[PDB]
There are 2 protein chains.
Amino acid sequence: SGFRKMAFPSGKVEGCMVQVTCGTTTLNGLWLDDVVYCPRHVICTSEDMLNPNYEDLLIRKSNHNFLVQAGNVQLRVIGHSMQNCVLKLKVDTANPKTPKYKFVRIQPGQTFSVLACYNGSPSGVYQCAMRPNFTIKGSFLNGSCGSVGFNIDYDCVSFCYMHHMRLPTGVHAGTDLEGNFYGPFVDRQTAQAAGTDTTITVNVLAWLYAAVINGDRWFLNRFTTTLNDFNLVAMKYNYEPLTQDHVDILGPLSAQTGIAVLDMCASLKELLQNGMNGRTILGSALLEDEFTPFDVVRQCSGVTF
Amino acid sequence: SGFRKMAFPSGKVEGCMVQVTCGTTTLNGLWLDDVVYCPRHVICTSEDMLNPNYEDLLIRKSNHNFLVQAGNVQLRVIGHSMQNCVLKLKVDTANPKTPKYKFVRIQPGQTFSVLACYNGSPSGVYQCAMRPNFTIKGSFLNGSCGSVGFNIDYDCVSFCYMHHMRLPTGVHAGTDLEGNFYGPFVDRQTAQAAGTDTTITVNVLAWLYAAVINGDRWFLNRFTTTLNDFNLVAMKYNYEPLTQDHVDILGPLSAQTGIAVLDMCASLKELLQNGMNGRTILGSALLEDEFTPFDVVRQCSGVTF
Ligand SMILES: *[C@H](O)[C@H](C[C@@H]1CCNC1=O)NC(=O)[C@H](CC(C)C)NC(=O)OCc1ccccc1
Ligand SMILES: *[C@H](O)[C@H](C[C@@H]1CCNC1=O)NC(=O)[C@H](CC(C)C)NC(=O)OCc1ccccc1
């Protein structure tokens, strides 16, 4: 009963968050073993962030110019390197709280939990989808940079995101933990924008399933459709073209509800062409695309860690 | 930038979650010092839960009939008592992870984070409002009972909720940590229902402020109103009557936006009488009442712990 946007528990990552200061610039860092990971723009003055030469800017920096603080304890920096748009600081101490972990580049459409941090302290936790245009719709204020997104598979933390910037639209962009941006973004204060965002069709269908399961069904019709004719309608609404692989992935939900995917696709086409007429689904007056098929299964199968 | 429903970080509470088995019934418990707290219906067979005599049912139970497990470690139960609808098990070990904590009965309209647990393992974290009818709209499956809701004030965990039941509507009911239900609910499988829910007006206004701040303003009109005439309209829409105290509480937001509360009330009346015409606010096609004025300030003032 109930379907909520749910974040993973944040304890494991909470113990990996530190504060990194370089001059006047303070942001957050991720401490795993004897390496702290942070956005490289920590080394920029306010002037620099219009058109920085990070190679040249780091050349003038030494280990002692990096102030890293865990709680009130200061870590000694004993080496530094730049990997893409992230800085790896080698420290004298390995994090005793280092969890089992992995670094994963995540695919668009996929979800993760974000631990929003300021001054190396956890502020709060929310779940996000990597949007098709490689932006995320988060809540990040200044000081949030170096906050990370993650998944937990039983015991293993899979870090997929580190925060670097907001775009004029008020959306957010960042890197994987190897410092490669998701999307065509660069760490400079220039005119930057993301493409057209698409609705993640596979994720909307899954959310429709979650509804049936929770007892919302008004939207169910008496018709079916064909993938191709469904997508003709998808095109016009900026919904992602649905594939056979998608249909396979929804198979578990289809099975547990006894609703064929293409019957649900017919339901969806009606909502796109007819709206929800003031009616709501799982208490949303719009269609939600930020729930993965798996997110739904887990939440409707009570999976823990 | 961005406004998201945000849960507190769950690390501190994660270390207080245990599994409690009594016969065939397993649910979660909260371990603080040498006391584990759990719902008393753990002592019920499936037959018992239609009309249980908890006094009589506990009389037949001994300390050794309670299996409490932290991780894989079993705790020895050395005493038991029933306080309202919660059981306090005294154990041989005090939780070494016991955080600074408090037990608070929360007021309707107020929010908290829930750590959803199964078999004493954290599954995930979400934020909830205590609704005026003293229900919550959560995601709880069987095994979730003994999961708790909490706030964190810097260092102090303020536990306000423990989960016991779902109602036919698919909403949820539970107790404070002294075992007193919120609302007129009882722990039996009987026909039970909550009253009419009201929209938490103060919280909707705050969310409107959060929007302005994030750049959504279409809804702003060229008029004002009076508390009394606003509420005449509130009445009809099952919105909570707004008070002067409410207006005082929104004062900080009013000030930072330069929008008087009563001008915003005029905006609100138009949306109630005219709808949002397919338009959205902070990407919601409806009005959100599950954000406290404070929740907004914190999220728009980047407060941590
Ligand atoms: C790092 O914490 C900060 C977070 C931004 C600040 C406002 N909301 C956020 O998410 N990011 C930056 O300062 C970033 C630094 C560049 C050198 C990558 N600049 C940026 O995000 O530009 C957009 C911006 C808009 C409004 C205020 C500040 C920055
Ligand atoms: C405790 O984990 C369980 C959680 C319920 C089960 C389904 N969704 C939930 O939140 N609560 C109970 O089992 C509770 C026990 C009574 C003796 C208090 N019974 C209950 O919630 O009745 C309603 C119900 C509806 C549908 C399935 C199961 C129970």
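The sequence lines fix the lettering, A, B, ..., with proteins before strands; numbering per chain opens at 1. In each ligand, atom 1 is the first atom listed, and ligand 1 is the first ligand listed.
- As PDB records put it, the drug at ligand 2 is GC376 (bound form).
- Measured by close contacts, the chief partner of GC376 (bound form, ligand 2) is listed under UniProt as 3C-like proteinase nsp5.
- Chains touching GC376 (bound form, ligand 2) with a heavy atom below 4.0 Å, listed by letter, come to A, B.
- As for other ligands and ions, none lie under 4.0 Å from GC376 (bound form, ligand 2).
- Residues of chain B near GC376 (bound form, ligand 2) cluster mainly in UniProt domain Peptidase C30.
- Rounded to 1 Å, the minimal heavy-atom separation between GC376 (bound form, ligand 2) and the UniProt active site of chain B occurs at B:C145, 2 Å.
- Within the deposited model, the covalent partner of GC376 (bound form, ligand 2) is B:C145 SG.
- By chain and number, the binding site of GC376 (bound form, ligand 2) (heavy atoms under 4.0 Å) reads A:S1, B:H41, B:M49, B:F140, B:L141, B:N142, B:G143, B:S144, B:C145, B:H163, B:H164, B:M165, B:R166, B:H172, B:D187, B:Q189.
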